Structure formats: C-alpha cells, structure tokens
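The next PDB entry has VRC01 among its components.
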Amino acid sequence: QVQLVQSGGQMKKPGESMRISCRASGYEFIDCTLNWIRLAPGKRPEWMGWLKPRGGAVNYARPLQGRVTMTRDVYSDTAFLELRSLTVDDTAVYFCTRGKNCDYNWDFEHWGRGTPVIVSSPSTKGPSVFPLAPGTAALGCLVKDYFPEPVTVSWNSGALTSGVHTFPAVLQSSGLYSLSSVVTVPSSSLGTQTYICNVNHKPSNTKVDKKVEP
Amino acid sequence: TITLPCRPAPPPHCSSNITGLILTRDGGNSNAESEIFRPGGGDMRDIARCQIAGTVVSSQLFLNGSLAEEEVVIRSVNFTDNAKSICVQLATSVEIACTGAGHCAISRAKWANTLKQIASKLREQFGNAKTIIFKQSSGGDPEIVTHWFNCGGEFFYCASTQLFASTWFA
Amino acid sequence: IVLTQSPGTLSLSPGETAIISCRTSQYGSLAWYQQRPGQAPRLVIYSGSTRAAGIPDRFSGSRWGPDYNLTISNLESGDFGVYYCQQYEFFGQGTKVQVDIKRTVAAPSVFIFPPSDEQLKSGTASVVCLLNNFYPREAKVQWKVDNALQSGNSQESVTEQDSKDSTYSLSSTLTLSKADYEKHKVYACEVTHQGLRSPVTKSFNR
Ligand SMILES: *[C@@H]1O[C@H](CO)[C@@H](O[C@@H]2O[C@H](CO)[C@@H](O[C@@H]3O[C@H](CO[C@H]4O[C@H](CO[C@H]5O[C@H](CO)[C@@H](O)[C@H](O)[C@@H]5O)[C@@H](O)[C@H](O[C@H]5O[C@H](CO)[C@@H](O)[C@H](O)[C@@H]5O[C@H]5O[C@H](CO)[C@@H](O)[C@H](O)[C@@H]5O)[C@@H]4O)[C@@H](O)[C@H](O[C@H]4O[C@H](CO)[C@@H](O)[C@H](O)[C@@H]4O[C@H]4O[C@H](CO)[C@@H](O)[C@H](O)[C@@H]4O)[C@@H]3O)[C@H](O)[C@H]2NC(C)=O)[C@H](O)[C@H]1NC(C)=O
Ligand SMILES: *[C@@H]1O[C@H](CO)[C@@H](O)[C@H](O)[C@H]1NC(C)=O
Ligand SMILES: *[C@@H]1O[C@H](CO)[C@@H](O)[C@H](O)[C@H]1NC(C)=O
C-alpha cells in the first residue's frame, strides 16, 4: 500500500526560501519518478518538476527554471522540494506525486496529503468603495482594489438583511480583489431612507462606511 | 578544439569514438518558441531500451556503439513525453581524444556539424521550425550530471558543461 | 499546448448525470482527477476511459477526436467537487460539480450601474451589471459599447444559491479607464436567459 507522507504546512515571508520534504513507503523508492504539483485557489494545477530517484535525474518546469530545485535521499526514501525568491503568487498547496504505473509518469494515482504554504506581504491595500445608484430599485457598493482577502460588507449597520446580495470577490489583472454588494429596495424608499453600506476589511484594519444616494 | 575537465586523468587507450547520446527534454511549455535539451537524465533501462549501445558503459554519450547508415536518427518511446529519454544515433562518429594529461580534446567544428544535424532532426519531430537550445544538466549525481564512462574496470568523470552550451535557429 | 474544460461550473441535483468536456490541442493519453473540498485530488479516469482504483462504474470517459468527456451517471454527495483534466504535464482549468435545488424558473431582474464620478476622477471607470434572482444558474451576459461586443475586459461572479429563494444572482464588473470610457458615450448590457423570451437589454447614455 503506497504511502506519500510529506511535511507540514508553512508560513513564509515574501522573498524567502522554502524547503519541503516528502518520504514514501509501500513501494521501492528508487523505481518511480516523482513529481511536484502546486494547486493555487481558483487557478490551474501546475506541474513543477519530476525527479528520478535512481540517479537524481531532474526536469524542472520552464516557468520555474531559475527558482526551483528538487533533490532526493535514497536511504530514507524521501524527496525534497526547494523554492527560492517567493512571491505572493506562489501561495499554494504543494503535492508530491507518483504515477499509477512505474513508468508512464503522468497518471498520478498517488498524492501526499499536501503541504500548504502561505507567503503574505505585510503590505495591504485598503478598499476603495464606490456607490452604485439608479417599481423596485437597486443600489449598491463597489469594493474595488483591495488586498488581501477577505472583506465583509453589511447595510445600515445590520438593519438591512433582506434583499442584500454580497458577491464573491474577483481578481482583476491588477492583482487586487474587487467585489460588489447590492441591495434591492422599493422605488419610493429612495427618498425616504438613507442607505449606507459598511465595508469591513480586517487585513488592513480599514472599515469604510459609504452612502448610496439616489 | 574543445577540451574536457576530467577526473581522473584517462590513459590514451580510453580515447574512443562517440556513437550517440542521451537527451532529456525540459518540461514545457511557455510558448512553443523554443525547446531546451540536456544530456543524460536517462536511467539504465532507457539506455538498454535504446538498443544502439556498444560495450562501453557510459552516461550522456553513447560510446563504441553502432552507427546508422546515412542520416542521424532520433528515437524515443514518445517525443511529446518529456519524462521519456531521446536516443540519438549518428551516421558519422566523433573521435573523442584523451591525452592522458587530464583533458579530453574534441573536434569543435565536427561537433558543431553533428549538433546541427541533431537540431535539424529534432525540428523534424518537434515542429517545422522551433529554435533549439542545448544546456547543461539540471542536476543530480556526478554520473548523471557529468559525462561518466567506464574503461578497463575503472570509472572516469568528464564535464560536458563546456560541450552542451549552444543555441540553434532556422 | 492547452486544455480547455467546459463548462466552468456545472451545477445540478443529486441523482442525475453530470457531463464534463475537455478539449485538447495535441495527442497523448488524458486523465481525469476529482478533487473533494479540503482533500487531496483523486485520479478518476486514465488513458481516456479506463477507471483508476476504487472508481465505480458510474464514471465513464468518452473521446471523439480532440474532445474528451467524463460522465458521472448517478450523482452522489461524494461525487460533487471540482474535476480537472490532464495531458502529460498540463492540466485543464477545472469544473465544479455542485449541488442545485430544483425549483420553478425565474427570470432575472436586471439593473445597470454607471461608474461613480469620484472613481472617474481617479482615472478608472467601472460599469456594473446586476442580475437578480434567476433560475437556473446558466445565463449569458454580453457587454456592448456603441453596439460593439467586448471580451476579456469584463469579469463575473455569482452568489451561492440563496436558501430562501433557491435562486441565483450574478454581478458583471465591466472595467475601463477614463479615456476609453468617455469616448464612447453609450453602453449596453445584454442578458439572455432561459426564463427570458427575448434578450433583455439595459443601456444608458454618458
Ligand atoms: C504518444 O502516445 C500517444 C498515446 O498515449 C499518441 O497519441 C495517439 O496518436 C495516434 C497517432 O498520432 C492517434 O491516432 C490518430 O487519431 C486521429 C484522431 O482520432 C480520433 O478521432 C477519430 C475521428 O476523427 C474525425 O473527426 C475529428 C474531429 O471530429 C478529426 O480530427 C479527424 O480528422 C476525423 O475527421 C476517431 O475515430 C478516433 O477514435 C478511434 O480510435 C480510438 C483509439 O483511441 C478508438 O477508441 C475509437 O473507438 C476509434 O476507433 C475506430 O477507428 C480505429 C481506427 O483508427 C479502429 O481500430 C476502431 O476499431 C474503430 O473503428 C479518435 O477519436 C485519427 O484521425 C487517426 O486515424 C487516421 O490515421 C491512421 C494512421 O495513423 C489510419 O490508420 C486511420 O484509418 C485514419 O486515416 C486517416 O488518415 C489517413 C492518413 O493519416 C488518411 O489517408 C485517411 O483518409 C484518414 O483521414 C489516428 O488513428 C491517437 O488518436 C492518439 N491517441 C490519443 C489518446 O490521443 C501519440 O501519437 C504519441 N506521440 C508520438 C510522438 O508518437
Ligand atoms: C572503445 O573502443 C576503442 C577502439 O575501438 C578502444 O581503444 C577503447 O578501449 C574502447 N573503450 C573505451 C572506454 O573507449
Ligand atoms: C574511431 O574510428 C575510426 C574509424 O571509424 C578509427 O580510425 C579510429 O582509430 C577510432 N578510434 C579513435 C580513438 O578515433
């Protein structure tokens, strides 16, 4: 029964180096090529490289060419992944894998439990809140250009529950999250009641209150 | 005439003809502008499965093996599989000469000609015209990283770092 | 060489078939990996149609030309999650088979929001398209500027199926900068949905 046990989850600062181990038992270690694959949230799975234990033959993925280095120890049946010059993009759960059959390498039957890494820059970007205004009417707030996740909006400090829809954030090419939060209210109400959304962003300790005037 | 940093120094009778070589292909893709190739990265089973080998046990470079007729012939189980080693056989051999002083000389111009042939055949397999890069090994044991062979029951380690450092266009 | 999976998010109730498609750009055996939430991903299908270990016969792979299908005949809780397709070292973007309570069809109430003047000063301009309370989740939003389609400049998001409503809401964030925005005077958001007879359009002038 093949087992791929790897290191525990790590927290790293940007620009630092990282080492992760993965030892395996249940099969003869030297026989099968070993791969590393990182999975980022809302992102394509990414193959990092493979490593052939008999002679330490190695093949690094071209995007990572400079910053990736993986080695092996034959005697304790283990492989090590090393990632230098960390960036916030590199936050992912890192898996060591081995194929089903010993040399068709790509049918990844066996995965580790995963080693989650979290590089997070102490630099944070406060939310920019922009109103959205018009039988029934809708008015909301655009929480644009903030970093990182998450923010939690509300309306009238919680007086408004019904009709409110807050949306999952969206990663713009800017690298900064922008979400929207709308509410549907009666058309008449636009004149009678004032509508304030309360954007709360703990990573920056910013807590913006914004009004949506008709 | 390129020379080889060699450890230890190889006696004259160890000087021989080069027949072929082993190329591992770097995993893609970026943009299919170019392909990176490195020596070795091949297990002994890949070498045996290649069937062109001679008597000499070696890494990266086939020695004292059988040549193939007319054109350089490249073979792999699957070329689109970068985990599979590429076997290269030459019609014209390349006489690697060891002085015994510790540096193995080689005809630079001739090795340029053979390399151009390989790159041409690689393009034939990997698409009409992709620029081809030859770089040194990514890493591993000295036997895989350095060109390592056996002569008279004694092992020798030569660095092909000088050798594999080219780039070809079309 | 890239792998394109469709749909991005397939959603439907337990007890009915789910079908996932993966478009390839080259030859080579293709695999299918299931990934349950929080758990490591699991190899479902390899070499096109052969199932891995512990995979029931409810999973089948189908191939025609460059296209591959993973069909899960009878949806159980354990089947829901996110599926990826693979060809050598490359993966597809992913698909998310998620649960969906069946209810009556509802047409979306659409609103369009011009960009905040303060944002306009900052240099950027974000036009928002709101689609509220519609069933089912599959609905298409088309951005046109001076009656001209747009691609890649816009982004989207859909709510979790709201418990009371059992209905989906969508937000389309159309993003520009001040220059291009002021140039074009008039903008329109086009919504085509199952509960809609005709593509409802919501537009405005600068
Ligand atoms: C590394 O390894 C990988 C594997 O891991 C290798 O990948 C394999 O590579 C093979 C060769 O390169 C490749 O075979 C090709 O596949 C072609 C496409 O096959 C699919 O599409 C067929 C229908 O296509 C039609 O429609 C699409 C789009 O709609 C168009 O693109 C096409 O042009 C057509 O218009 C479809 O029939 C086929 O399924 C059959 O094959 C499957 C095998 O996996 C079966 O499961 C399936 O049931 C079908 O089987 C039927 O047909 C076979 C005979 O092919 C028969 O045995 C069965 O009983 C059943 O009847 C796929 O869905 C395909 O077009 C190619 O076929 C032509 O060429 C061969 C010669 O190679 C001829 O013998 C054949 O008759 C046919 O002739 C055509 O071409 C002639 C000249 O080439 C021409 O004269 C003639 O008029 C015809 O046009 C061929 O089979 C594999 O698909 C591929 N495998 C995978 C998984 O991707 C890879 O190559 C390796 N890498 C390297 C570098 O070597
Ligand atoms: C290879 O062959 C040559 C001559 O054919 C011979 O001198 C040499 O000893 C052989 N072995 C090696 C390792 O060069
Ligand atoms: C290599 O082969 C050639 C002819 O094929 C022969 O003349 C030469 O002696 C051989 N050995 C060396 C070291 O070149």
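Here is how names work: the chains are called A, B, and so on, in the same order as the sequence lines, proteins then strands, and each is numbered from 1. Heavy atoms only: backbone and side chains are in, while hydrogens, waters and symmetry mates are out. Heads up, header says this was done by X-ray crystallography, 3.2 Å.
- All copies of VRC01 taken together correspond to chains A and C.
- By contact count, the main macromolecule holding VRC01 (chains A and C) here is known in the PDB entry as Engineered outer domain of gp120.
- Of the chains of VRC01 (chains A and C), most heavy-atom pairs under 4.5 Å with chain B belong to chain A.
- The non-hydrogen contacts of VRC01 (chains A and C) with chain B, all under 4.5 Å, involve B:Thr24, B:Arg25, B:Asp26, B:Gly27, B:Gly28, B:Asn29, B:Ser30, B:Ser34, B:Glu35, B:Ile36, B:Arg38, B:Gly41, B:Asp43, B:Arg45, B:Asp46, B:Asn78, B:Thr80, B:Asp81, B:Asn82, B:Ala83, B:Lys84, B:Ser85, B:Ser138, B:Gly139, B:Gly140, B:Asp141, B:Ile144.
- The paratope of VRC01 (chains A and C) against chain B, defined by heavy atoms under 4.5 Å, contains A:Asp31, A:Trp47, A:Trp50, A:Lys52, A:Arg54, A:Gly55, A:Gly56, A:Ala57, A:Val58, A:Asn59, A:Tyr60, A:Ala61, A:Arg62, A:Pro63, A:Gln65, A:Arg72, A:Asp103, A:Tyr104, A:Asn105, A:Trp106, C:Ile1, C:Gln26, C:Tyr88, C:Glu89, C:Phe90.
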